[PDB]
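Drug present: metformin.
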Amino acid sequence: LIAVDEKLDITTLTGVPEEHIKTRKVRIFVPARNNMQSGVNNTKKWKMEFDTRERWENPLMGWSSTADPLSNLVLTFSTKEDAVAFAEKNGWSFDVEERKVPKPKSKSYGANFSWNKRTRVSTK
Amino acid sequence: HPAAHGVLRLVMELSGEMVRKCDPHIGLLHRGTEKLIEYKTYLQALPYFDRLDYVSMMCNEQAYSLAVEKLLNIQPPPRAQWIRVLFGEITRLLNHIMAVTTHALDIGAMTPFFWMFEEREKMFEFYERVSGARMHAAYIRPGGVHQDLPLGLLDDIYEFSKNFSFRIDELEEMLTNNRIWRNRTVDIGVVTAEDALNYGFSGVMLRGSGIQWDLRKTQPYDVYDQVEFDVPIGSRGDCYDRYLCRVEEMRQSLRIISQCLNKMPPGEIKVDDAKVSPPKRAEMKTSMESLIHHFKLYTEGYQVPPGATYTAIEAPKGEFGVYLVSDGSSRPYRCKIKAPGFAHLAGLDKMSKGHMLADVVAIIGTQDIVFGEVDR
Amino acid sequence: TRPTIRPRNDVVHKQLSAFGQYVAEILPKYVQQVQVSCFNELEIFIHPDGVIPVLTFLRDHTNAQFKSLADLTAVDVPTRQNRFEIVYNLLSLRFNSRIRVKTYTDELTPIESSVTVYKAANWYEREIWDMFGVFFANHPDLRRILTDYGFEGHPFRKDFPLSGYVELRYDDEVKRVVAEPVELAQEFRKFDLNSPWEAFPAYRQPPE
Amino acid sequence: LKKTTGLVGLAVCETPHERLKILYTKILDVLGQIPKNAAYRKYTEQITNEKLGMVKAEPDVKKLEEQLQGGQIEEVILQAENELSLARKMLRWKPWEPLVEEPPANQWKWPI
Amino acid sequence: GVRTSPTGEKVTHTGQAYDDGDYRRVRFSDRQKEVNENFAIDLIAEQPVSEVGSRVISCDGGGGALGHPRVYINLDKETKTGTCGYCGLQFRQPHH
Amino acid sequence: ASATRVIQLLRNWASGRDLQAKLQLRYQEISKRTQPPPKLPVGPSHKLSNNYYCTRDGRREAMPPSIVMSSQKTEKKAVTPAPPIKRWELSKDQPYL
Amino acid sequence: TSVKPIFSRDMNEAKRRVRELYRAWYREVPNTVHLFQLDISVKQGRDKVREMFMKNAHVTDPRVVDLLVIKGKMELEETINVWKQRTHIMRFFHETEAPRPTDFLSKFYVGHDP
Amino acid sequence: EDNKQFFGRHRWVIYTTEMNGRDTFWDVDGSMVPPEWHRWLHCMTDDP
Amino acid sequence: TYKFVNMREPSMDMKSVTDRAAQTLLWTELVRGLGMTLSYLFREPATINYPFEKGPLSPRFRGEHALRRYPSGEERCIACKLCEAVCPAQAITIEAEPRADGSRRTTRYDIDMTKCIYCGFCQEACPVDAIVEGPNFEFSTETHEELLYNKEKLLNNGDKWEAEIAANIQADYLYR
Amino acid sequence: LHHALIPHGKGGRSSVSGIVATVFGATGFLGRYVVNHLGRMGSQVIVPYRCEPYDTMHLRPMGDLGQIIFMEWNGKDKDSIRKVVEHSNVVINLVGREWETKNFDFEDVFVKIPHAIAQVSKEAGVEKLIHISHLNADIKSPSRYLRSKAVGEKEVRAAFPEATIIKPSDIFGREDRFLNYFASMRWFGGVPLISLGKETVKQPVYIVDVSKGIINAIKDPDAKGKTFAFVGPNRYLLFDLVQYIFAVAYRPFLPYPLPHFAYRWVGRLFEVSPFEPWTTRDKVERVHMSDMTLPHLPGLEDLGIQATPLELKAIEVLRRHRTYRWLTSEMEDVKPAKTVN
Ligand SMILES: CCCCCCCCCCCCCCCCCC(=O)OC[C@H](COP(=O)([O-])OCC[N+](C)(C)C)OC(=O)CCCCCCCCCCCCCCCCC
Ligand SMILES: CCCCCCCC/C=C\CCCCCCCC(=O)O[C@H](COC(=O)CCCCCCC/C=C/CCCCCCCC)COP(=O)(O)OCCN
Ligand SMILES: NC(=O)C1=CN([C@@H]2O[C@H](COP(=O)(O)OP(=O)(O)OC[C@H]3O[C@@H](n4cnc5c(N)ncnc54)[C@H](OP(=O)(O)O)[C@@H]3O)[C@@H](O)[C@H]2O)C=CC1
Ligand SMILES: CN(C)C(=N)NC(=N)N
Ligand code: SF4
Ligand code: SF4
Ligand SMILES: [Zn+2]
């Protein structure tokens, strides 16, 4: 076994083009809960995604064109540290967003019928 | 090249016409099927399995369906299983006709190609009647089969199966005892049993080498434990013995087809679980639960419990396997496809040792490689 | 009865568990874990440098005659330190059984080639190298098998785009096929399908 | 006595009992060089003594193949040779030692 | 009910018509523009309004399992007809 | 089929079989292209009672694999992955071709 | 830490392997130009070999250098065996790609790319 | 129609010599058949 | 059970040896193969007289696509995008908006017939039987652009093929 | 700008360059190169053709779906000219022939057709016109070809005052006449040269440089009403140039003098061909004529193009003319010819 003290760097081995290594900033984040639903199962894992590039309209058929290979590329990580290590070894720039969790709340059904407080509801 | 099946680049070193080495170059039909399957859902990835070995299509579909059902922990109904076995044997007949006649065409005979391809045309008519597609049916699905048989299909399959042994007999009249065919095929591409096992051969390769192994008998799936058939075993381990094994497998497939026709049961054809298999159109247009489940199944799909499985079946070309990895989502995390012809083509160089150019053509034919499944 | 539920085989489950304990006892140096999935599949997780000893044992031992290599593949999990997971599927004809052996590695760590144990490992490891970038140490002929000549990158890695980076066309000025950066007339439309509600409680992870 | 084994490249052995006795004795001799507490040694010694006792008690070849349940006597001889080679390699590898190294914290966690 | 743009180009049922200065009209030169003549909006307006003497009616589009999912329409608002929104069919209660 | 008696005899003699018994061209022996309407069955879960999905839920009975042994965590007889495969019996229908 | 060495235990052995591969690639350019019937000069081929070697000059990991020389050897053997075609050899030169602007003002005029 | 012929050859069409505005005396397509006779000719039904 | 495909040994009686010697010197099996080919020569060919004769097809056949209408003439498609979701090949492009009468109707409905794999999932997933895969299979073109259908082309296909499409759906809708 | 003419993309096959160009004479040498460059950058190209559509098939792969459009036109038909230039903002004129057929003369192909194209384009509202002339376009030239070029250049300038008139010297490429005309003379024994080719100086230009300059003239906003001269870097005597051509082709070069009247008679003999003639009297005159020097006119450097020397691209054209003995010889195996600079 040999001892080498370097930061891991595999950009020369991944085969990505230089522009797509150097001009790309990924976003490491936990997805925000879709406000149209009350489920919280899509807010468990961290995601890594790239910055949006240009999309234009095809002259024929009017479809949506692109020239960005990394437009649909989304990676799933279990931890912020794992995502950051992956981004660092692949050489991309990255912006990390701290996870937002709902704060604990005090819910009381009996509060709907307060004798002197404004929490008394006018209808059920 | 006519004998290269279209997308094989065989870089050969020849001393005169003697082959010094075979260096197969594949990837000329590599598409990225596994990456695409990662991007699709479980229903959307089924035609990919239709198009891998495009001669045993319902067989590839059946392997994929068995894998997904194993991970889902469900069970197809008996009528669905019997339809699956019947069409797997029909598909085996299609594949063996193709293999034997294309092998003979590479050797130099063409009339058996034409006769047995008329038979292939009739079996294509059966495929088109059940599915609407002549070859890429997408009929066998996780949970059973897509639709039920029309009301004359069993009678027509009976007529075909009744008249097919004579076609096999006529094919054998031109090749089996022909001295030119025997000179071309006898003691060509001999492979020992230990070498076959180490190189990873499966199916008629092993059985020509003399190994008594068949997945339909040893590790049965669907209703293969309720049918009677024999497993042909070769002795010399060469092209002639593998040809005999394939012809006798055609006859045993006729046996299994007769038993399936007689033992076809009544009932539904897909699992009665609307969270996995779609409801009927009338129920969808009448029931709220059925409409919801139709919507969700055809937009998102069903979630498969996390886990990895390797399921193999005895496809006409050998053991065809799927290693499927699910992460609990509606899209497969990983899907490795193990094609029988990959290992056989890997072993082509050893088999063609000490032979000539025409012998190498014969050895390619006896290995019976489809590069759709070799490359994926 | 339960017509729509797959029946289980506790006898085979017990046999596989017993053999897993057997192997784990015989090879303490390398075997890290043994599992039996509930559809009766035995899985042995070993240290990456016990590949040759464990495979040779599973091939040559009298009570484990796994003479056939059904498959050899890898799985890419970017969230792990050792992202690549090498999977060996073995078949025992003598005992009519199948086993799985799992190993881990990363980009820069080689795995010993098993062509000295199974001959199918040759093309299987060539494909693993070509598609994932895993290097196999003592391989007779390690080169690309499926990708185009001069293709850069390993397409089966999770961080590789689906359509790649370059595409081919014929250029009349130079009278040859050329490679130019990829550019799609209609971009692949990425669908978000996952439901925000939990499907299987039995696999629920601790909140941590 | 039999014309063929039915397997390509596997030849009929004229003296199966003597060859099996030689191979099993050699296997047991190689196993004596392995540590006594090794789980490998106890198991394969047990099965070798079990097989060696049958070859010394049944002089009929068909009955011996029936008792061994190893297929054919040539397959049994080939498997004995494979076991001997494995015993030598295991003596070289020494797999009875404690675990080389534990995996990272979450190396087998799934799904993830 | 097809209509013609000021440039002579037919207007589709979605209102599509290339501008006068749009270069993309060159593709139709020495060729034609594919336009379907029947307009579904016009045909469904031509359909008459059915009158039924119940507060709630059901429409499946006709044909049963060959139509659309069966839906129920509430005919209580007297200032408008209840429209089946799968097939665009109008229903009403007998007034006066 | 439509053939002269001479031609049929010559065909039979040349091939050594009775071709008229097994013909490869289909003459009115196949099913009609128009069939009566079907009425397919429903299935086992189409009852109005005693039919709760939790009692017939295959996917929810899937479990994570059982950990037989983990490093992290008498004379035993040696075992095998399964009982040895039985020797195959030669076919009674036609043992040899 | 104590990582497994693939081929080289130190950066000097990796440099030695790089030099050997450079000699091999340098001595094969005349044969490649002759066999593939390329219209480029031998000097152009050697300049391309140097340029391809020199874009990895920032690497300081012996394992990455070992992998780079392994891949270079593989693509040298693809050229020698004429497995590659003239298409790939000329793909090394990008003779059909338009000159991409590199200054801020030109990029600003062309479009939205950074 | 001729039911005495084998299946596939028991129904056939003689194309017109002038369809729409094309002189179809020699150049005859398989797409000249209107859909109802298309169904009858391809044998999706037994009723003309 | 199993059987041996080649495990028989020839009889060594003088009659059998002479018969084999005659077969070697007088090419008996070769003449037998000649007889088989001659028998096929005097059989009837299996060739149909295309394009005047067509091969058999079924109501389930999947050919060219079509967008259907209700008997009133109203389009069946309600722009629900289930076909776009289920399409394996991503060959359908759909864009919708409220119509002038407030209907949920499509403004764009494209199918790339060079991307379509003719699998029939779109007509399984359609809840209103709008998109169907009709019986037409002879629609080869001379340019690539002619194979990129749009809403006008698909509605024209439905109007042209509606009779046969209706008949096939009537014949096969009880199996669905 | 119209919203559909705004550039979008990265200048690739599936991008939008905002160029709608009608390329007359695209079914030829310079035409195929110009169409390739336009479609490569991702433009809309209209190809008017009078030939059999089979001869336009090599232009089909040059652009993405719908970007190449083929329309049938007649040279003497202003209605067809309007039909093809109606929707385009660039019109490129590459129509010309090196011989006179029964129906079209040098006056027809070089004066009448260019004037009609320029006049119809101005009526139709076409923003840019590019017109290809010849470098030696002299009204007093011995060659009827070049006299027609001069007259047509004047007519085009009058009809479309905002034109870009480009004057290439002698384009050489794979499908050219120049190098193939000189290299195909090996069949007729020796090489006949007027004054032994010692009184002729030529600087040929490369086809890719010509097409790149044509493309850059479209994109240049300050080349609207201008005249350019497209010439190569090096001037050669005709004897040295032909000797180098034969050296690169590895053919035995046996030049002999031929008097001008005899060469004219030979050229008259070859122009009775109903098909494409091998050589003509005007071709002989143009070959003998030295290339003019026009230092006042702008050039490839002014359009941003570095002219490619003949010594770098001659082996592309002349390797086809080698024998099997010499096919594999490399580019640097032949010493460059002496230049006259
Ligand atoms: C060599 C054989 C001699 C015996 C011949 C016996 C009769 C042969 C009968 C079969 C004819 C085969 C040809 C069929 C096609 C008909 C068209 C055809 O032939 O076209 C030919 C060529 C056709 O040219 P092409 O090469 O463009 O033709 C290609 C074919 N097309 C275009 C038809 C598709 O026609 C001509 O050359 C005629 C035009 C006038 C040419 C004047 C040439 C002058 C003489 C040549 C030498 C001059 C230098 C001498 C130097 C020394 C002087 C002292
Ligand atoms: C009174 C005393 C008279 C003395 C004379 C006695 C002679 C009569 C008896 C002997 C005659 C023997 C016949 C001679 C021909 C035999 C040729 C032969 O050698 O047979 C075959 C060789 O022949 C062939 O194999 C033929 C292959 C090609 C066949 C393809 C076409 C043949 C089919 C068409 C039939 C031909 C009909 C001929 C008609 C002629 C009309 C003019 C043996 O080769 P193998 O089986 O491979 O084994 C040898 C080593 N173990
Ligand atoms: N290449 C050179 O050496 C030089 C050329 N030029 C000029 O550049 C232009 C292009 O040159 P080049 O590529 O070599 O020429 P080509 O002969 O190869 O191509 C000429 C083009 O014009 C078309 N054409 C010719 N006559 C007519 C006509 N009467 N009506 C309609 N179309 C016609 C031809 O079409 P079709 O095949 O359908 O008949 C073809 O597309 C010409 O104007 C030429 O004079 C200037 C300097 C040097
Ligand atoms: C090209 N394909 C599919 C073949 N089967 N080819 C062949 N030569 N047998
Ligand atoms: S048939 Fe299949 S591939 Fe074609 S449009 Fe329908 S769903 Fe998509
Ligand atoms: S599934 Fe049917 S109704 Fe829904 S968008 Fe598609 S064609 Fe329209
Ligand atoms: Zn309705």
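Below, chains carry the letters A, B, ... as their sequence lines are ordered, and counting in each starts from 1. Computation of the quantities below employed the complete heavy-atom set of this structure, encompassing side-chain atoms and omitting hydrogens, waters and symmetry-equivalent molecules. The structure has been trimmed to a portion of the entry, and contacts are counted only among what remains. Counting starts at 1 for both ligands and their atoms, following the listed order.
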Practice prompt. Provide the full list of ligands or chains belonging to metformin.
Written response: ligand 4
Worksheet item: Which chain makes more heavy-atom contacts with metformin than any other chain, name per the PDB entry?
Response: NADH dehydrogenase [ubiquinone] iron-sulfur protein 2, mitochondrial
Discussion item. Could you give me the letters of the other chains with a heavy atom under 4.0 Å from metformin? Thanks!
Written reply: B
Fill in: Ligand and ion contacts of metformin below 4.0 Å
none
Practice prompt. Provide the residues lining metformin within 4.0 Å, heavy atoms only.
Written response: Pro2(B), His5(B), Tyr54(B), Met98(B), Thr102(B)
